[PDB]
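Next up: a structure with atovaquone.
Each chain gets a letter, A, B and so on, in the order its sequence line appears, and its residues count up from 1. Be aware that this covers only part of the deposited structure, with contacts counted strictly within it. The analysis underlying the following values was restricted to heavy atoms, covering all of them including side chains, and did not include hydrogens, waters or symmetry mates. As the structure lists them, so they are numbered: ligands from 1, and atoms in each ligand from 1.
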Amino acid sequence: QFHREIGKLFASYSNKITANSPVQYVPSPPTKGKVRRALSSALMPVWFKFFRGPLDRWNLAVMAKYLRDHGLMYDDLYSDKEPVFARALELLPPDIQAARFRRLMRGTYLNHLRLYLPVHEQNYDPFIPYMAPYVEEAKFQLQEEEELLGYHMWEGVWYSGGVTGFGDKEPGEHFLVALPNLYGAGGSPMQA
Amino acid sequence: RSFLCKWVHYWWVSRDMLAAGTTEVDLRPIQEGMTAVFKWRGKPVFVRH
Amino acid sequence: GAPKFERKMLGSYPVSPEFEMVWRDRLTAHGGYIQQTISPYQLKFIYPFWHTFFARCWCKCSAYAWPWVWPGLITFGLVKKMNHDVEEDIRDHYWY
Amino acid sequence: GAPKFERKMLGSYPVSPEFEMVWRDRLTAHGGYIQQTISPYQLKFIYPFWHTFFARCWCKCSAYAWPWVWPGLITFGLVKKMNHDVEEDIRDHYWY
Amino acid sequence: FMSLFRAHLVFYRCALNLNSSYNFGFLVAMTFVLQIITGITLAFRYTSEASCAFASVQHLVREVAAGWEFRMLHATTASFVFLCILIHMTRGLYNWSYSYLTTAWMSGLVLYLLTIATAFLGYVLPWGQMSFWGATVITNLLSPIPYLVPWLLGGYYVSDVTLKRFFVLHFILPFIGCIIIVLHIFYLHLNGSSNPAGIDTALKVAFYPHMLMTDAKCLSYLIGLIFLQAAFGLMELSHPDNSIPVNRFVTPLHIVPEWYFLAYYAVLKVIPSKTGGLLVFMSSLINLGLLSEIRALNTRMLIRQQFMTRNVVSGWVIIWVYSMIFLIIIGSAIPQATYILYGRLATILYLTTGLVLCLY
Amino acid sequence: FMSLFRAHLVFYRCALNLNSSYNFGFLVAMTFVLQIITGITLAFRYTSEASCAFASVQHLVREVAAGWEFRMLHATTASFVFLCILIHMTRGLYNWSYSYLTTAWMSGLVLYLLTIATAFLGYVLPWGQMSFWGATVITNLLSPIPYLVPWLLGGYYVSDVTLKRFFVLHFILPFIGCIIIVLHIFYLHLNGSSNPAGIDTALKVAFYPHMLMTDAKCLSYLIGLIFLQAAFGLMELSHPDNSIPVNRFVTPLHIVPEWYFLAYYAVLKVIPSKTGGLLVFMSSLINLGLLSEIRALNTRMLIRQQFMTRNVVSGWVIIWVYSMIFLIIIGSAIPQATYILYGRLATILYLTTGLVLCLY
Amino acid sequence: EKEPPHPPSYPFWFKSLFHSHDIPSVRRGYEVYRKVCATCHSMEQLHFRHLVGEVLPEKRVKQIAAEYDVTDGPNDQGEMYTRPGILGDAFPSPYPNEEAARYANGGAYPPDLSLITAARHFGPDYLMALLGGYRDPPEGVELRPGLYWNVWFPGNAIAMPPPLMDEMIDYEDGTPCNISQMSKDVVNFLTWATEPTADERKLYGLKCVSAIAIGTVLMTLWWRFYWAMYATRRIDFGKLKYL
Ligand SMILES: CCCCCCCCCCCCCCCCCC(=O)OC[C@H](COP(=O)([O-])OCC(O)COP(=O)([O-])OC[C@@H](COC(=O)CCCCCCCCCCCCCCCCC)OC(=O)CCCCCCCCCCCCCCCCC)OC(=O)CCCCCCCCCCCCCCCCC
Ligand SMILES: CCCCCCCCCCCCCCCCCC(=O)OC[C@H](COP(=O)([O-])OCC(O)COP(=O)([O-])OC[C@@H](COC(=O)CCCCCCCCCCCCCCCCC)OC(=O)CCCCCCCCCCCCCCCCC)OC(=O)CCCCCCCCCCCCCCCCC
Ligand SMILES: CCCCCCCCCCCCCCCCCC(=O)OC[C@H](COP(=O)([O-])OCC(O)COP(=O)([O-])OC[C@@H](COC(=O)CCCCCCCCCCCCCCCCC)OC(=O)CCCCCCCCCCCCCCCCC)OC(=O)CCCCCCCCCCCCCCCCC
Ligand code: HEC
Ligand code: HEM
Ligand code: HEM
Ligand code: HEM
Ligand code: HEM
Ligand SMILES: COc1cc2[nH]c(C)c(-c3ccc(Oc4ccc(OC(F)(F)F)cc4)cc3)c(=O)c2cc1Cl
Ligand SMILES: COc1cc2[nH]c(C)c(-c3ccc(Oc4ccc(OC(F)(F)F)cc4)cc3)c(=O)c2cc1Cl
Ligand SMILES: O=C1C(O)=C([C@H]2CC[C@H](c3ccc(Cl)cc3)CC2)C(=O)c2ccccc21
Ligand SMILES: O=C1C(O)=C([C@H]2CC[C@H](c3ccc(Cl)cc3)CC2)C(=O)c2ccccc21
């Protein structure tokens with residue numbers, strides 16, 4: 001019985017992994033092996049003074065000036081085409097949300113005109129992390145759904161309801177389900 | 001309009017054809033009751049005695 | 001496209017087909033705003049471009065200096081040195 | 001298609017696209033009805049055809065006699081008479 | 001596009017009593033697709049030069065693997081295209097389909113015109129005697145307007161230039177066909193098909209299981225018959241005289257177009273004035289077009305039942321069919337006074353019985 | 001289909017700050033439509049025979065009214081097709097458009113492959129020395145598999161059969177192009193375009209009045225420039241050596257492909273193993289494909305701003321562009337050790353800077 | 001192999017953007033071609049039809065064509081014959097096939113000149129340089145018989161003998177004959193013969209480009225007309241500032 005035997009293989013491996021579980025926080029093992037840690041530690045005094053130092057300083061200068069020209073913050077660079085950030089934006093309070101909207105409007109207009117702001121308008125720190133408390137919550141909420149619902153490749157009915165059947169939940173987002181109607185006036189999913 | 005005129009003109013007959021020419025025929029060898037046929041400007045011509 | 005919490009409408013009138021793309025990309029005006037526009041028949045429209053020319057040109061040229069020109073100069077250098085190497089080769093290999 | 005007073009539905013669930021044609025042609029069952037069907041795996045399916053052959057064939061052939069055959073016979077007649085006329089012409093005109 | 005596929009070819013609901021006579025549309029479409037495949041694979045080895053086109057077609061048959069098969073399938077499937085179209089037209093004359101399928105009927109007529117044009121362009125490409133002299137005749141027939149004929153020819157007479165542009169046009173037109181077919185089906189499914197009984201009924205049934213199998217059955221028969229005729233040659237569908245190289249100064253001694261063109265030919269034999277000739281075609285096609293709005297030509301409310309079963313009066317469509325067959329017969333024969341006389345009789349019948357369809 | 005026209009090309013709402021760099025798609029589409037018109041009207045007089053193709057192209061120029069104009073427009077618009085495509089690609093490498101326009105980017109790549117194939121097939125049809133020997137080279141390049149090359153050729157060597165099928169294929173491919181363009185635009189408008197600033201903004205504005213006029217302006221410029229180069233010949237875009245009839249036993253003494261193929265040529269000059277050659281093309285195209293799912297190759301959340309303005313570090317796309325231009329330069333020159341050495345330097349740069357795009 | 005040198009740019013009248021061909025030079029070049037270069041080369045694409053109205057008057061062109069015997073047929077007996085050339089005939093050629101041409105020219109093939117300036121780099125400047133290019137061999141080089149040294153031909157060794165000689169031909173307008181003059185005139189003639197539609201092409205070009213540029217100005221104005229209404233817009237948040 002092939003399937004039950006390979007079951008046995010999988011089960012024993014999982015039990016090994018289970019038996020080694022800690023019961024409390026334990027610091028992660030380093031990201032680099034001891035050889036590379038040694039080599040980096042040896043070459044630090046030259047590499048950081050001549051190359052890495054100036055690279056990491058020039059980078060922040062470039063970023064800051066570009067953000068100040070337009071009056072953006074750093075966390076204004078993230079999109080809502082990203083599910084986690086979409087959730088984070090859903091969880092925002094009114095004031096932060098309104099200010100973000102305003103800054104994005106102004107940045108669009110300024111990049112259209114290609115005119116610098118006066119230097120007295122540029123006196124602020126652009127790298128404040130104002131989205132962090134919300135991104136962490138979004139990550140939690142979207143991780144639990146994977147754990148509790150996404151753990152298997154579920155089976156569906158194909159090309160029915162406007163969805164392909166392989167997992168989508170919004171109609172006509174893929175080519176083989178384009179053009180839902182041939183007559184009439186159509187409609188929108190949001191008005192069902 | 002210039003574009004359409006050029007495109008129309010491009011379907012017209014070429015500059016090598018010209019359809020010009022003339023020919024002559026000797027009539028000594030013909031016999032009574034016979035019809036001879038000749039070639040002229042792309043078409044056939046009958047000569048009958 | 002837009003997140004589902006932005007493209008949720010307040011009205012309930014059916015969206016006409018010719019407006020599809022308009023309401024797929026709906027966004028909320030958080031805080032509201034006020035706008036003013038003048039008809040283009042009552043505006044100057046070639047003087048505003050030249051009036052702001054120097055500022056715009058300074059900005060554009062400043063932005064492109066390091067990223068586009070400096071590697072360009074290096075590449076031009078490399079071409080000149082390649083020409084040197086070739087014009088020396090062609091004599092070494094074939095001239096007595 | 002159907003008149004608007006027939007294609008008005010009782011339900012209110014959104015018609016899925018793959019069912020478009022189904023509900024454009026909706027019709028009411030005035031008075032209701034009862035129907036029974038047997039799975040084709042539990043029916044004879046070549047004996048019922050031959051069992052009713054003679055009736056079906058009588059009907060079909062009866063229906064087509066006058067409309068198709070009688071003009072056919074007249075046309076066949078005309079062809080035969082045309083052949084007669086030609087075979088007489090060809091001698092009158094060219095035989096001494 | 002899958003959802004549309006399911007809506008129109010799987011869940012679409014028909015009437016229970018649709019018999020074989022409603023399967024011939026599908027059939028003409030299939031002959032179109034098939035003719036397109038063989039077309040494209042013939043184009044890969046054809047030569048569009050007046051000096052050598054003929055030998056180019058002979059090379060396929062003689063020196064190429066399976067060369068003969070594609071040429072003969074392409075040649076024979078044309079006849080089936082036209083036969084299926086004529087059955088398909090006559091069905092809807094018989095039923096008075098055009099009563100409510102107005103725009104579908106118009107689209108149909110346009111498709112038939114496209115098909116005539118496509119076939120005739122094809123008929124010139126093998127470049128034999130019949131091809132050259134047929135092209136000469138039809139180009140002279142549309143002469144009434146100055147310079148249009150040398151322009152469309154490309155030249156003062158049928159030429160290699162003419163062959164080149166005929167080849168390109170014959171390439172292109174079928175695909176325009178396909179587009180118009182989509183338009184056709186749009187108008188059709190906007191309304192819904194008619195019954196043979198010409199009543200409105202709620203006893204509908206879905207397409208996929210019941211009617212799809214009948215389509216498939218007829219498809220088997222048609223593929224069968226095409227291969228039978230193609231491989232063994234039972235009928236002399238095409239005359240032998242296209243087997244002779246072209247000569248620009250000598251006609252062939254006997255002339256017979258392809259069968260689907262004979263009736264037209266008959267007219268050109270019997271009407272004295274050439275313009276009268278052309279006007280007969282124009283008039284008959286206009287009359288067919290006029291049927292699209294027959295409901296307006298009278299104030300009596302119309303029905304689709306023509307009560308032609310058991311009827312000693314028969315019907316105008318049947319007289320039309322028999323007149324057309326008679327015209328094919330006369331088309332085929334030599335020009336002689338008696339053939340012309342019965343020709344004129346048949347022509348008058350053919351014209352009158354078309355005019356009279358509007359007089360309910 | 002009018003309602004769709006209005007939804008997508010009139011009421012569609014863009015961002016206020018879309019400058020000219022977002023107008024080049026429209027431009028490549030227009031060069032496609034234009035190239036199709038001139039194509040079809042060239043086909044009406046072209047001859048697909050190895051014995052006489054060359055003189056067939058010369059006849060258009062010498063003896064046909066406006067004959068020269070269509071050939072030269074067709075020849076010159078190809079260069080603009082490729083120039084506009086390269087600008088259009090580099091814009092989206094610069095912006096990291098592929099971050100969220102995943103399937104659009106894939107479709108783009110397929111369209112570029114189609115265009116390469118179409119152009120190269122076209123390049124053989126005038127049938128000069130460069131055409132014959134180019135076909136020989138590229139057919140030998142795809143040799144690894146038995147019998148595939150004599151099959152695709154049709155023959156043991158480049159032949160009239162090869163010309164016939166190249167002509168038919170060059171006829172067909174552009175229209176497949178068009179279909180894939182519709183697919184492209186579907187994926188695009190599913191998402192919505194990016195800004196030059198790479199932010200999300202509500203300051204949108206409709207298309208018809210503002211952006212349509214910019215499209216029109218650039219269109220005027222392009223039509224201008226095409227006609228300038230076509231009528232006066234400012235640049236030697238095409239080498240003279242296709243002006244010589246073919247000889248099957250003698251190569252031309254100096255060889256230069258069309259400019260849009262020179263970089264590829266450079267690679268074939270400098271890599272020793274022929275299979276290594278072919279694998280470089282395959283690998284680079286696979287790398288470009290891999291960018292479609294760059295969000296998955298790392299767990300840091302991604303942004304579209306590459307902060308390349310005022311940046312002394314520049315960016316990998318700029319190094320890619322300069323490496324590619326350097327490869328074009330070396331492509332053009334004779335085979336000599338020093339050119340090969342700097343070739344290999346440039347090749348390593350071109351490969352590495354493509355690999356490295358994934359390493360954020 | 002080596003990179004060949006590049007010729008100098010000569011000021012031929014045509015290589016300006018507003019200039020046509022220079023027809024007297026074309027007449028003289030045609031005369032040179034007939035008297036000299038047509039001994040071994042061919043122009044299979046040219047017919048006498050091409051010369052009337054563009055270069056020469058019709059009457060003279062008919063008289064030129066009459067100088068040649070041209071083959072035609074078959075006749076009633078299926079034999080071929082020769083007749084005087086007519087305006088509709090192509091230029092004659094000195095050899096019946098490439099093999100005979102090679103047999104007469106020590107193995108090398110004299111190319112057909114119907115497109116010669118479009119089939120070489122730098123076209124007429126290259127041809128002008130080539131006709132000047134014959135010189136004695138350098139130290140350390142010797143060429144086998146029937147081969148010549150030319151400083152502009154690639155690889156420097158060429159099969160064509162020195163081409164030109166003073167007063168080897170004569171002109172009807174009165175111009176003096178010398179190898180430089182003959183070079184200029186024959187290069188002019190061959191450049192014309194490479195594409196007789198040149199002047200038509202350029203004169204049409206001028207109108208097209210001018211009108212299109214005027215277009216471009218108008219469309220630029222129309223585009224800015226709409227740019228300005230949104231470039232100058234005001235948007236306020238919270239309360240109204242200005243009016
Ligand atoms: C037009 C179409 C026609 C209409 C009908 C539709 C046709 C499609 C039928 C074929 C599908 C059969 C397989 C059924 C799977 C069911 C699984 C399930 O429960 O569903 C949920 C499951 C998704 O749920 P989920 O797991 O929650 O989603 C998370 C993600 O999947 C992410 O998960 P992850 O990241 O955790 O990774 C998971 C991944 C882990 O595995 C890997 O990633 C392995 C990677 C190794 C690399 C090797 C390549 C692997 C792909 C194999 C391809 C071979 C097939 C082709 C064979 C050709 C034979 C000639 O798992 C798999 O890859 C397992 C599934 C792989 C199957 C793919 C091939 C199936 C085809 C079998 C029939 C072949 C005949 C074709 C004939 C020729 C014509 C095509 O479904 C899938 O994953 C779908 C898999 C199948 C692909 C989609 C079908 C295509 C539809 C579009 C049509 C395109 C046609 C283009 C032609 C156009 C013509 C004009
Ligand atoms: C059987 C018919 C076959 C039709 C074929 C048509 C031609 C197709 C050509 C293209 C190819 C397509 C392929 C598919 C064809 C269709 C297949 C099919 O499914 O047929 C269904 C067909 C009928 O199905 P259905 O459900 O009754 O159809 C509904 C009805 O139409 C009833 O519909 P409705 O009641 O709703 O009426 C609507 C109306 C709608 O109107 C129409 O559709 C009218 C259309 C008329 C045609 C108009 C266009 C004409 C254009 C000109 C064409 C010129 C061609 C020239 C050809 C010349 C050839 C020489 O239709 C009618 O009114 C039709 C009735 C017409 C009655 C005519 C009566 C004529 C009597 C003649 C008597 C002759 C006596 C001769 C005596 C001689 C004595 C010496 O049934 C069968 O065929 C059954 C299968 C039989 C298989 C037998 C196989 C035997 C093999 C034996 C082998 C032996 C070997 C021996 C070896 C021995 C070794 C030792
Ligand atoms: C002016 C530009 C023109 C572009 C043309 C492109 C080529 C087109 C070819 C195909 C044909 C298409 C036709 C339409 C073209 C577009 C037309 C248009 O609307 O242009 C808008 C253009 C720019 O508009 P925009 O809104 O600023 O555009 C946004 C920007 O791109 C800013 O966008 P962003 O900020 O969002 O950035 C996004 C990013 C996105 O990334 C990209 O798009 C990158 C694309 C790069 C190209 C990649 C592909 C390359 C493939 C290889 C190609 C090889 C070709 C080889 C050719 C060889 C030729 C020899 O773009 C960039 O980063 C671009 C910045 C690049 C900076 C490079 C700096 C280089 C400095 C060079 C200095 C040289 C000094 C030499 C000193 C010599 C001393 C001896 O504006 C104009 O052209 C204004 C009109 C000017 C008209 C002047 C007419 C004067 C006529 C005078 C006649 C005189 C007659 C005298 C007679 C006298 C009688 C006495
Ligand atoms: C027979 C004596 C010839 C006369 C008279 C002319 N040409 Fe010729 N030409 C001849 C030969 C045998 C060759 C082959 C040279 C070789 O190396 O194979 C040529 C070649 C040319 C070329 C080709 C130059 C190149 O770079 O390939 C040209 C452009 C050319 N000839 C021009 C030319 C002109 C203008 C003449 C009249 C002044 C002329 N030739 C006369 C044989 C003979
Ligand atoms: C409805 C579709 C079509 C019809 C009705 C049709 C009809 C015909 C006909 C009647 C012939 C005459 C063949 C002969 O006399 O032997 C022919 C020949 C030909 N057709 Fe078509 N055709 C169609 C589609 C196509 C297509 C799509 C192509 C190419 C893309 C094509 C290419 C050709 C060629 C090359 C020939 C020449 C055959 C030969 O020379 O032997 N056809 N066609
Ligand atoms: C390429 C040519 C054609 C194709 C592919 C085609 C296809 C079809 C198809 C698939 C159908 C539905 C099923 C069927 O009836 O078989 C149909 C129905 C119909 N067609 Fe056609 N057809 C063509 C030509 C024509 C022509 C020439 C006419 C009229 C002159 C016509 C008129 C009609 C009508 C009236 C119907 C519906 C009849 C009814 O519902 O009662 N079609 N066609
Ligand atoms: C994106 C679309 C197209 C591109 C990029 C393209 C490209 C080219 C190129 C580069 C040439 C070489 C011309 C020369 O070297 O002088 C050519 C020639 C040609 N093309 Fe296309 N083409 C396209 C579409 C078409 C279409 C749609 C057709 C016909 C339906 C066509 C028919 C021809 C013909 C007949 C030639 C021969 C030109 C000659 O012999 O002088 N092309 N094409
Ligand atoms: C025939 C070839 C092509 C046509 C007709 C075409 C057409 C278009 C059009 C009309 C647009 C929207 C307006 C614009 O961006 O100009 C667009 C956007 C786009 N195209 Fe193409 N394109 C072609 C080739 C390509 C290629 C080769 C690629 C990538 C390798 C590509 C990738 C993209 C992307 C990423 C966008 C959207 C960028 C953004 O929204 O930020 N396309 N294309
Ligand atoms: C016996 O009774 C019937 C038979 C019938 N058979 C068929 C084949 C159809 C049909 C045809 C096409 C179609 O959609 C298409 C349009 C155009 C295309 O394009 C092209 F060119 F055909 F491929 C393809 C596909 C959808 C449906 C019918 O409606 C139909 C109706 C009745 Cl009452
Ligand atoms: C400057 O910024 C932009 C410029 C833009 N320009 C254009 C031209 C479009 C566009 C293209 C095609 C289209 O629909 C069509 C698809 C395919 C067809 O088929 C074919 F082959 F092109 F004709 C035709 C039509 C609808 C819209 C854009 O979206 C667009 C978007 C932005 Cl942001
Ligand atoms: O005399 C004719 C002749 O009259 C036609 C005719 C047949 C009908 C055709 C036709 C008429 C009307 C339409 Cl809508 C379509 C085709 C036109 C050519 C031929 O096909 C033909 C072929 C070869 C030699 C001679 C002849
Ligand atoms: O030696 C070559 C050569 O190497 C190519 C090459 C150029 C690159 C081409 C190419 C490479 C890759 C792609 Cl994806 C597309 C085209 C293939 C032919 C030519 O085009 C050529 C033309 C005429 C004579 C010789 C030659």
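Taking every copy into account, the model assigns atovaquone to ligands 11 and 12. In the deposited model, the macromolecule with the most close contacts to atovaquone (ligand 11) is named by UniProt as Cytochrome b. Other chains within a heavy-atom distance below 4.0 Å of atovaquone (ligand 11) are, by letter, E. Protein heavy atom at the shortest distance from atom 18 (C) of atovaquone (ligand 11) is E/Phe120 CE1, 3.9 Å.
In the PDB entry, the organism given for chain E is Toxoplasma gondii GT1.
If you number the atoms of atovaquone (ligand 11) from 1 as listed, the ones under 4.0 Å from a heavy atom of E/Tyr265 come out as 1 (O), 2 (C), 3 (C), 4 (O). Of all ubiquinone-binding residues UniProt records in chain E, not one places a non-hydrogen atom under 4.0 Å from atovaquone (ligand 11). Within atovaquone (ligand 11), the atoms closer than 4.0 Å to a non-hydrogen atom of E/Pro257 are 19 (C), 20 (O), numbered from 1 in the order shown. The contact set between atovaquone (ligand 11) and E/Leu268, taken as ligand atoms under 4.0 Å from a residue heavy atom, comprises 4 (O). Per UniProt's numbering from the N terminus, the transmembrane segments of chain E showing a non-hydrogen atom under 4.0 Å from atovaquone (ligand 11) are 3. Listed by number with element, the atoms of atovaquone (ligand 11) under 4.0 angstrom from any heavy atom of E/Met130 are 23 (C). The protein heavy-atom contact nearest to atom 13 (C) of atovaquone (ligand 11) is E/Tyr264 CD1, 4.2 Å. Interface atoms of atovaquone (ligand 11) facing E/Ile116, defined by a heavy-atom separation under 4.0 Å, are 15 (C). Closest heavy-atom approach to atom 22 (C) of atovaquone (ligand 11) among the candidates E/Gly128, E/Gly331, E/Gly134, E/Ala117: E/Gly134. Closest protein heavy atom to atom 25 (C) of atovaquone (ligand 11): E/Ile255 CG2, 3.5 Å. Residue E/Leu141 does not touch atovaquone (ligand 11), judged by heavy-atom distances below 4.0 Å. In this structure, residues within 4.0 Å of atovaquone (ligand 11) (heavy atoms) are E/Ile116, E/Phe120, E/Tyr123, E/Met130, E/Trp133, E/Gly134, E/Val137, E/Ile255, E/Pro257, E/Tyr264, E/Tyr265, E/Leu268.
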